[PDB]
Amino acid sequence: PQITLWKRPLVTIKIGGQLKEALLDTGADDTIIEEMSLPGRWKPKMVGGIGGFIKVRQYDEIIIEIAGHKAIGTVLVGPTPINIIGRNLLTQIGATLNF
Amino acid sequence: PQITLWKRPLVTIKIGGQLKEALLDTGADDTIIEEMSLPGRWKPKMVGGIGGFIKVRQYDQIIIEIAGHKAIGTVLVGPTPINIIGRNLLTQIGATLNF
Ligand SMILES: CC(C)CN(C[C@@H](O)[C@H](Cc1ccccc1)NC(=O)O[C@H]1CCOC1)S(=O)(=O)c1ccc(N)cc1
């Protein structure tokens with residue numbers, strides 16, 4: 001699809017067997033999802049931006065379906081105020097910014 | 001242009017005759033730039049990011065060029081990790097997300 005930016009570019013995703021809403025975010029280097037259980041090992045990471053940093057769990061090799069497009073990569077899990085699909089997975093679904 | 005997302009989508013902007021670098025951020029509702037002088041009056045604004053909400057200065061009807069496209073609109077000035085062009089000005093320059 002072509003998504004305009006009059007409103008937040010929210011899409012449905014499937015992760016961990018769960019349907020969620022997430023923001024398509026070209027300003028985010030990596031994908032971050034609100035607290036949930038994911039399989040496998042993880043390591044701690046700090047991510048920050050406006051208002052400072054938060055501590056997250058980094059899970060690798062996670063499959064996520066994004067508006068019907070499947071893609072695999074690292075997913076961070078932590079107390080994000082919104083679910084964010086960052087560049088590490090946007091590239092996999094062929095997302096571009098056009099103007 | 002068509003901008004892929006393998007690297008951060010950084011572009012040149014011009015504000016007040018000065019060139020700066022900024023991030024095209026579909027996840028940002030608002031445009032926020034690092035401390036600088038802008039003309040006119042400002043109003044208070046609370047901006048929410050990954051770490052919480054912070055106080056910034058809101059300037060309206062500011063002329064800004066973004067990768068050679070003209071925009072005139074609201075610019076926030078505050079503690080940001082990088083200059084961010086958000087949806088308020090991305091819409092003006094006709095940017096869309098495509099996949
Ligand atoms: C600040 C930019 C450079 C980076 N962030 C992405 C931004 O899109 C971020 C996304 C977001 C939306 C709403 C609430 C919370 C976060 N929007 C943001 O702050 O909007 C502010 C700035 C003006 O408008 C409002 S991040 O969330 O800190 C982050 C960093 C690292 C990764 N791996 C993932 C996310």
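Below, chains carry the letters A, B, ... as their sequence lines are ordered, and counting in each starts from 1. Note that ligands are numbered from 1 as they come in the structure, with each ligand's atoms numbered from 1 the same way. Computed over heavy atoms, backbone and side chain alike; hydrogens, waters and symmetry mates excluded. Quick check of the header: X-ray crystallography, 1.3 Å.
Found at ligand 1 is the drug amprenavir. Here the macromolecule with the greatest number of atom pairs within 4.5 Å of amprenavir is listed in the PDB entry as Protease. Other chains with a heavy-atom distance under 4.0 Å to amprenavir are given as A, B. Ligand-side atoms of amprenavir in range of A/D30: 32 (C), 33 (N), 34 (C), range being under 4.0 angstrom from any heavy atom. Listed by number with element, the atoms of amprenavir under 4.0 Å from a non-hydrogen atom of A/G27 are 2 (C), 3 (C), 4 (C), 6 (C). Scanning the protein heavy atoms around atom 30 (C) of amprenavir, the nearest turns out to be A/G48 O, 3.6 Å.
Shown in contact with B/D29 at under 4.0 Å from a heavy atom are these atoms of amprenavir, numbered in order with element: 24 (O), 25 (C). Compare A/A28, B/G52, B/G51, B/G49 by their heavy atoms: the one nearest to atom 35 (C) of amprenavir is in A/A28. For atom 14 (C) of amprenavir, the choice among A/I82, A/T31, A/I54, A/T26 with the nearest heavy atom turns out to be A/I82. With B/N88, B/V47, B/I50 as candidates, the residue nearest to atom 28 (O) of amprenavir on a non-hydrogen basis is B/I50.
For amprenavir, the atoms closer than 4.0 angstrom to any heavy atom of B/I84 are 1 (C). The shortest N or O to N or O distance between B/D25 and amprenavir is under 3.5 Å. The entry lists chain A as Protease. Heavy atoms of B/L23 found under 4.0 angstrom from amprenavir belong exclusively to the side chain.
The 4.0 Å heavy-atom shell around amprenavir contains A/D25, A/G27, A/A28, A/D30, A/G48, A/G49, A/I50, A/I82, A/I84, B/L23, B/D25, B/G27, B/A28, B/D29, B/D30, B/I32, B/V47, B/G48, B/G49, B/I50, B/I84.
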Any protein N or O within less than 3.5 Å of an N or O in amprenavir? List each pair with its distance, or say none.
residue    : atom   : partner : partner atom : Å
amprenavir : 8 (O)  : A/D25   : OD1          : 2.8
amprenavir : 8 (O)  : A/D25   : OD2          : 2.4
amprenavir : 8 (O)  : B/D25   : OD1          : 2.6
amprenavir : 8 (O)  : B/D25   : OD2          : 3.1
amprenavir : 17 (N) : B/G27   : O            : 3.2
amprenavir : 24 (O) : B/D29   : N            : 3.4
amprenavir : 24 (O) : B/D30   : N            : 3.2
amprenavir : 24 (O) : B/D30   : O            : 3.4
amprenavir : 28 (O) : A/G48   : O            : 3.4
amprenavir : 33 (N) : A/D30   : N            : 3.1
amprenavir : 33 (N) : A/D30   : O            : 3.0

